[PDB]
Asker: 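Could you have a look at this structure, given as structure tokens, before my questions?
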Amino acid sequence: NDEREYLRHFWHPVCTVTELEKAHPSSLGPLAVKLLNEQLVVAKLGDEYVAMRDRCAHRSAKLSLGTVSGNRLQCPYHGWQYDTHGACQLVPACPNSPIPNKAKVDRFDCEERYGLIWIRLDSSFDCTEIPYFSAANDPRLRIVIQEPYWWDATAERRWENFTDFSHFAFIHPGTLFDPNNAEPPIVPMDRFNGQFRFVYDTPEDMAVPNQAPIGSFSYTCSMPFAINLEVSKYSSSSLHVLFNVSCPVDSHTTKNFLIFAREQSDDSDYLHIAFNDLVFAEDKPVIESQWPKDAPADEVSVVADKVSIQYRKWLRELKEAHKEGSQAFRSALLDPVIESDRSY
Amino acid sequence: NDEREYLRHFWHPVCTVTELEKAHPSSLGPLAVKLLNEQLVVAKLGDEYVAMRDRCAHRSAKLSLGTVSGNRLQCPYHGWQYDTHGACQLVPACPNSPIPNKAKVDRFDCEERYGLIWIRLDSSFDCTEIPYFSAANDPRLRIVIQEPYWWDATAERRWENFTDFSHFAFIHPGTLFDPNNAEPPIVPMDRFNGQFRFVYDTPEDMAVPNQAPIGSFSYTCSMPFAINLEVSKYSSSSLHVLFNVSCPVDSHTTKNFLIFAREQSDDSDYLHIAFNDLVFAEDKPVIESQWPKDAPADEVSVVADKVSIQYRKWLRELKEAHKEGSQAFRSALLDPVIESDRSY
Amino acid sequence: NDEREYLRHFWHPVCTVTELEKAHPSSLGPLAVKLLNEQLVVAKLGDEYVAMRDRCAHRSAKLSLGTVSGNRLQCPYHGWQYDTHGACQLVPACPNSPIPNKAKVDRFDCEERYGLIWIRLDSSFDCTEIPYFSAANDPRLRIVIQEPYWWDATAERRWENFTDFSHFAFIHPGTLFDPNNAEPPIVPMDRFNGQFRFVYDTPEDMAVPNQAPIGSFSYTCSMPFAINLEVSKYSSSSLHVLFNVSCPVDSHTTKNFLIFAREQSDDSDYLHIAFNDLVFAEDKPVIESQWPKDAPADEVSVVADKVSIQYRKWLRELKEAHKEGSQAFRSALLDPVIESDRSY
Amino acid sequence: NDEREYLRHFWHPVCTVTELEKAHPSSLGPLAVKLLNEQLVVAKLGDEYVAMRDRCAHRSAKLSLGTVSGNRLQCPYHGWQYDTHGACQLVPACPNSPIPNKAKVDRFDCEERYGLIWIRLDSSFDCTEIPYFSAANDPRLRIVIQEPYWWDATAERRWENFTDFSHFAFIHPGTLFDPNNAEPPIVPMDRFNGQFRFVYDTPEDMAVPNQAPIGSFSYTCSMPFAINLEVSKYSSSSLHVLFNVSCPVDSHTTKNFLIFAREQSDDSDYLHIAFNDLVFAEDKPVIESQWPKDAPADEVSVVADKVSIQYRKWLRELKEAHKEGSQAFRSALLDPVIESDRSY
Amino acid sequence: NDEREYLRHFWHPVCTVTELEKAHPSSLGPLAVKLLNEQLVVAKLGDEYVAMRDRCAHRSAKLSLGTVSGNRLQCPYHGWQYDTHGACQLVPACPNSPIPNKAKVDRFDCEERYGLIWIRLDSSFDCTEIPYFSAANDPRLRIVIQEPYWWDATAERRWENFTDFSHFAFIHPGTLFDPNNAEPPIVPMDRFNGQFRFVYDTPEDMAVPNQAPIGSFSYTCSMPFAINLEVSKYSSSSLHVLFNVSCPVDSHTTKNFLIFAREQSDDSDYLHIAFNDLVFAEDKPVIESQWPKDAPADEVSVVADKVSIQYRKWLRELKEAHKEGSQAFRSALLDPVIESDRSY
Ligand SMILES: Cn1c(=O)c2[nH]cnc2n(C)c1=O
Ligand SMILES: Cn1c(=O)c2[nH]cnc2n(C)c1=O
Ligand SMILES: Cn1c(=O)c2[nH]cnc2n(C)c1=O
Ligand SMILES: Cn1c(=O)c2[nH]cnc2n(C)c1=O
Ligand SMILES: Cn1c(=O)c2[nH]cnc2n(C)c1=O
Ligand code: FES
Ligand code: FES
Ligand code: FES
Ligand code: FES
Ligand code: FES
Ligand SMILES: [Co+2]
Ligand SMILES: [Co+2]
Ligand SMILES: [Co+2]
Ligand SMILES: [Co+2]
Ligand SMILES: [Co+2]
């Protein structure tokens, strides 16, 4: 848990709002989720999304097997009722007696945004924010939230797969790139407000389907695991946005979320969903094969790996700064480092 | 067989638009569907939804395994291309030769309405229309189209299940009615424009969930299988509309569609979907147990069965009038028969 | 397993007699069983039930894959024949050679009582007895031995679930308690002859099925894992006895046994079996959810938890006394500690 | 772990040539295989069978999901191509740049012999050879390579099962021996050229099928896991050879190979395959039951266990000599030790 | 059964010799097979392959559940023994009494050829022969018998699929033909000795794999269901032969056999097997979709359908001639009808 501890300071998606509403017939939850190997429960208490450890203080039953009752989450075993702060406010067996001081469960940051539920396990450094999705509140764009997809691969390896262009000719030859353009350009990369920003111009006139988001690629990557990709498409001259983020469920699993938005929206959502699913099915077996799950020091990079080289370097900086404490981590995350000629 | 020929003259839903778009990665279809034991294929050819028999004129392959190409449907076997009228316009093996006169497949009236695809197999009487859904184009109402649900029961038995309230205390005691209000009123029923119209007032103060659409019930039933139920709810003083229609797939199977609309729409869609699904799960085993599948003459009615009795009577009249021809059928369907004091 | 070693000194049930007879077509076993993570084999050799380690001394094959031949258990691999004392008496490959003195397997106390097979792994303290079942040899009572039921929960958590008053309202609302009677009395508890003894008069006039054993509850709990509950039922004024005992199979699993006896026995055994199975089905998901599997020090008790508080206290004293040896253990188990006004 | 390092110095079979050719539609591989817990990939690169670690040096994808291209193995992820020495010779993303010095993967000695693929993980002692199969290149004999069979048992326990006849009466009574000849002779055993050699004469006139290879048995066992058994059958006066060898896949699993050759070969191959499969099915549950998987020091031998005893002794000597280095190991393996009157 | 009766006069394959030898551990059978909806049993009695109705004369048990005992097939129920002529020669219950005259089962023509077992149900016209396989006894060629493949399609539709070239561009675009050459040539077709003979020159320089049998195509089709295709390949300048034959199992199923032979045989059998299997997997869903299973009179042909038009015409002639009797059928089958300029 040691090398991963710094990840607890970020906001991570754990489920869609849809999944929470479908979990229990009340539409309020509770829903069991797992984040960085922590077993948590999510529920809607009044107007608030809450996240607690999925473990009752009394006899350790799972609260995720319980029931929302107005402004309370009720344990299924002996009916202890927890408020939005994780504090027990009713012990039905002793309704007069004072409630023990220890009758509380851990309560974590939990917020809805973009149709996903986000949890931050450690808020002590008070310097991380929910990742940036550029299409939110853009009335020009129709937004579709896909169903989550689970991979037997880590969030770091998934991020590197999503931002890697040298693999398109070998993994996506029918679908995203010609098999003949295996040589990608080396682009400037900027750190700004805790995001990696970089821009690409993919090759034109490739034998790829019209629904393929191929064009001018503008990445805004909220560290550590979210990618916002704005595509000015060549084929249609219209904006298409991909927002992909991985939930690090445990040491070898990710629950992954894709939200996409498009300016030309008279067509079928399922044209795009089927295409995204095909791309993911092409990536999945190769990424799941990578072993060990966490990239060892012995991996051999080439110059075309600039994006993942720079990604790994920043992650190591954040892990090092975490050991040094709050101010060092804030600096490592939010200090600007500009390579390009743009102004922010 | 013979008993069911008259049903070919009505419009029946065969799939949702969502089902069509999901069937094939192109989002255009084709999709195989079955209606009154006919194997059909639906596809979006240009701006039109087209229904054809699912059987190529060349060597009888299923066109539903083929592909939409431009505004035509291409057979998977030797690539014959069919236009919106079912006529073959390209024989790839014989590009110069004249296309055989009989190179064509049967085409059927096919329209989208309310997010469903409707097919009329026999248009020769030309007096039937797509059923009425009251909530379409009412901006006060949020509309949800559920996924279809399949039952091993006929469309007639499904219709009678949907409009019966005698069964609420026994099939839906927790969910729609109190167990001790089993006695229902007997209301006037009007025939108008091929619809059964009748109005109820279900019992008040019943211990049923708040998401239960219980209140004053106004039915508009487009013969033979569609029900439009407008509820002015007691618990929320808000309009809730249920539109239920059965596809008669064959002699013992229905593919059933529910669309629901609601005025108070700040809550979760899945609160309502979960409730509807629970109601359907309560009905399903009992309706599927009814045998023989078609109601025989030996069933014993009581006065509380008025809706069922009058429905069976009208269906019998429609079946007999169909044998007398187009004009007799038009009168049996569209002549008014008013029982209530309502103006028309 | 250092902290479970004291449990080896008690008698634990490992199967029903029916299970042993059904295991092999001979009706004599062998049957593989597991107790405290020890792999054992049970068989009927002549008139005796025998238990040995399930591991042949020769080449370590499982004797449970072998065959009973009258008064011998024969290994499946090279046919070594073990007698009722675990000693090899025939090496078929060397019929004239003397049998090595090492050719023996560990043999454990094994006795039938009440239709179960009991094993005691360590008889050195010579102060433990098979648990008490009050209905044995009471000719007024019809006895039913249920099939065993397996839970992913420990024997301690199962015992505490069975004797807990406060969960009935939340886990068993339809079946054992009204949801309104959540506040239990705090009763005197006596230690006598290695049993916990306590009485509880459950609430009257509860909307609960008539086959529910609800009434005046008299518990005789043979430590560590057996519960004998005599119910003088309110609804029928007749005696109903529940005898529940958990086999600690390993650190996270129990094989549980229920025997029940009843004075009014003209009804169906399966009326009561189905009721017991419904109660167990209501408990099972919540008990299996408790984590960690062993109750840790951080659990928060309230005054209504008296029974489980006192149970945990006695188990801890037995564990500590086992470290101090035979006499200290005998005193911790068998010394009386009287809280009530009763005489024994 | 440490206990098994000496086994890396021997040649072990990992697949049949048939398995390699079936793995990929090209018939060239690649095929993933596992040997002593190492994940390897085998492919036919030009005229050579090559074994590499199944892990690309770039980003650790499995080369076994890749493709043979010319005389190289191409990774599925970014198309790096590895030559027969494990060196990367093409980085498609950086065609002009120099290939990193560390762009290479470990390669292992790999040869085809007898229709199997053999791998030696550690070649530094350079004193081991591929096991001896007597029937290779004997045109009097028809050879059949069976499909591999997997057992949840170690290669040591499998070897001892194959060379034991004490068990025939109990495991194979219908098939290999009479049940009442359980007493076997004790024969001289010779060590010569890294092989155990010993000769038997099984009992005559036994009620076993004609396809049973029962007769005069001559064993040549190439240490540690290969057995060559030449049978001069009693029933047919014809030579029958069984070659059995176990791949030690990991600490508890074997992938086992049987090749059999016969002089009288006008009958069906499947008469013999069915018989061998029946024998293996009789052994399998008993051998898989042996626990712990590795034989501990507490097993009790009898004089009939001579073959097993001498096998364990030699393995112990090889393990100890390996710790002393290459010369000590060569002597322990290849020094002769003659017990019989046979000339060498 | 009426329109299919003429097919009983031909020899049909029912299993491979391998399948017969694998069916029972004796390697002699019996094996149940089904041909033209007849339930038959195949067994090897001495040197003879025999086929009988799979139904004992005594109490109608299946002989396929029985045992070969030298020159007899023994029923499993009461052990009646049938000789190679289907006559019972032993009634174990009455070993002295005369055997009833009716104690016989129907016996059918049954012969091995090319590694397949062939059955002819009706030999009364004495004019049909086992189909021609050109590669048999050609020492230049290596022969591989594939495992049978089952399709939900009739033998007529399978034959037409195999000899159809207009479908390659749509069903086999990667594998057998360019998608751009959809236009096939019209070739002369000869009837000779009950075979259709015709020759094709497929297009050259197509983007197809090297193991694809593409070249000069010489067909010899033994009516009604066997195709012998000799390919003088363009890519390798070497002979490749495909022998495909369908067993008409019942009215909607075929059990299909592929044997292939090749002159250049230093490569892997599985290169070719995998390619054939890919081709079959491409055909299978489209052919299984064709409905009704038997081609109706309403199918619309084009000039490129010459082969199947001529096939259907000959089949109709054979069906008509069958009604007229033995001499008419012999003439329809064996009279020559020459279109080309070759001499036979
Ligand atoms: C990584 N990735 C994707 O996963 C994807 N899915 C659909 N377009 C996509 N694009 C353009 C992309 O770059
Ligand atoms: C038949 N029926 C239903 O199936 C249903 N489902 C949800 N409300 C429902 N109501 C009010 C109803 O009358
Ligand atoms: C724990 N428990 C049970 O498990 C049970 N099962 C049936 N009656 C029961 N009673 C009264 C009970 O207390
Ligand atoms: C161990 N073993 C076998 O596994 C076997 N299988 C077939 N004959 C066999 N024989 C003679 C044999 O000794
Ligand atoms: C029909 N057919 C096949 O099924 C086939 N399979 C492999 N080559 C093939 N060829 C050349 C072919 O014509
Ligand atoms: S375990 Fe939650 S209330 Fe007791
Ligand atoms: S079957 Fe449709 S094109 Fe031939
Ligand atoms: S392992 Fe039991 S007799 Fe050998
Ligand atoms: S992981 Fe193999 S080429 Fe990149
Ligand atoms: S049924 Fe065959 S012998 Fe009696
Ligand atoms: Co990718
Ligand atoms: Co209902
Ligand atoms: Co309970
Ligand atoms: Co054996
Ligand atoms: Co084909």
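Order of the sequence lines sets the chain letters (A, B, ...), proteins ahead of strands, with each chain counted from 1. When a ligand or atom number is given, it counts from 1 through the structure's own listing order. Values reported hereafter were calculated over all heavy atoms of this structure, with side chains retained and with hydrogens, waters and symmetry mates removed. The displayed model is a subset of the deposited entry, and contacts were enumerated within the subset.
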Asker: Report the name of the drug found at ligand 3, as recorded in the PDB.
Answerer: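 PDB records call it theophylline.
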Asker: For theophylline (ligand 3), which chain wins on contact count (greatest number of heavy-atom pairs under 4.5 Å), named per the PDB entry?
Answerer: Methylxanthine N1-demethylase NdmA
Asker: List the other chains with a heavy atom under 4.0 Å from theophylline (ligand 3).
Answerer: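 The other chains with a heavy atom that near are C.
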Asker: At less than 4.0 angstrom from any non-hydrogen atom of C/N276, what atoms of theophylline (ligand 3) do you find?
Answerer: 6 (N), 7 (C)
Asker: According to the deposited model, which residue and atom hold a covalent bond to theophylline (ligand 3)?
Answerer: none
Asker: Could you tell me which residues UniProt lists as binding [2Fe-2S] cluster in chain C have a heavy atom under 4.0 Å from theophylline (ligand 3)?
Answerer: none
Asker: Identify, for atom 9 (C) of theophylline (ligand 3), the protein heavy atom at the shortest distance, and state residue, atom and that distance.
Answerer: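 Answer, as residue, atom name and distance: C/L242 CD1, 3.3 Å.
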Asker: To which protein heavy atom is atom 3 (C) of theophylline (ligand 3) closest, and what is the distance rounded to 0.1 Å?
Answerer: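 For this ligand atom, the closest protein heavy atom is C/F162 CE1, 3.8 Å.
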Asker: Starting from atom 11 (C) of theophylline (ligand 3), locate the nearest protein heavy atom and write down its residue, its atom name and how far away it is, to 0.1 Å.
Answerer: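 Ranked first by proximity to atom 11 (C) of theophylline (ligand 3) is C/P213 O, 3.3 Å.
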Asker: Source organism for chain C according to the entry?
Answerer: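 The PDB lists Pseudomonas putida.
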Asker: If you count the atoms of theophylline (ligand 3) from 1 in the order shown, which ones are under 4.0 Å from a heavy atom of C/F275?
Answerer: 7 (C), 8 (N)
Asker: What is the residue list for the binding site of theophylline (ligand 3), using non-hydrogen contacts under 4.0 Å?
Answerer: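 Counting heavy atoms, the site comprises C/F162, C/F168, C/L176, C/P213, C/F217, C/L229, C/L242, C/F275, C/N276, C/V279, C/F280.
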Asker: Show the short N or O contacts, below 3.5 Å, that theophylline (ligand 3) makes with protein N or O atoms; if there are none, say 'none'.
Answerer:
{"unit_1": "theophylline (ligand 3)", "atom_1": "6 (N)", "unit_2": "C/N276", "atom_2": "OD1", "d": "3.4"}

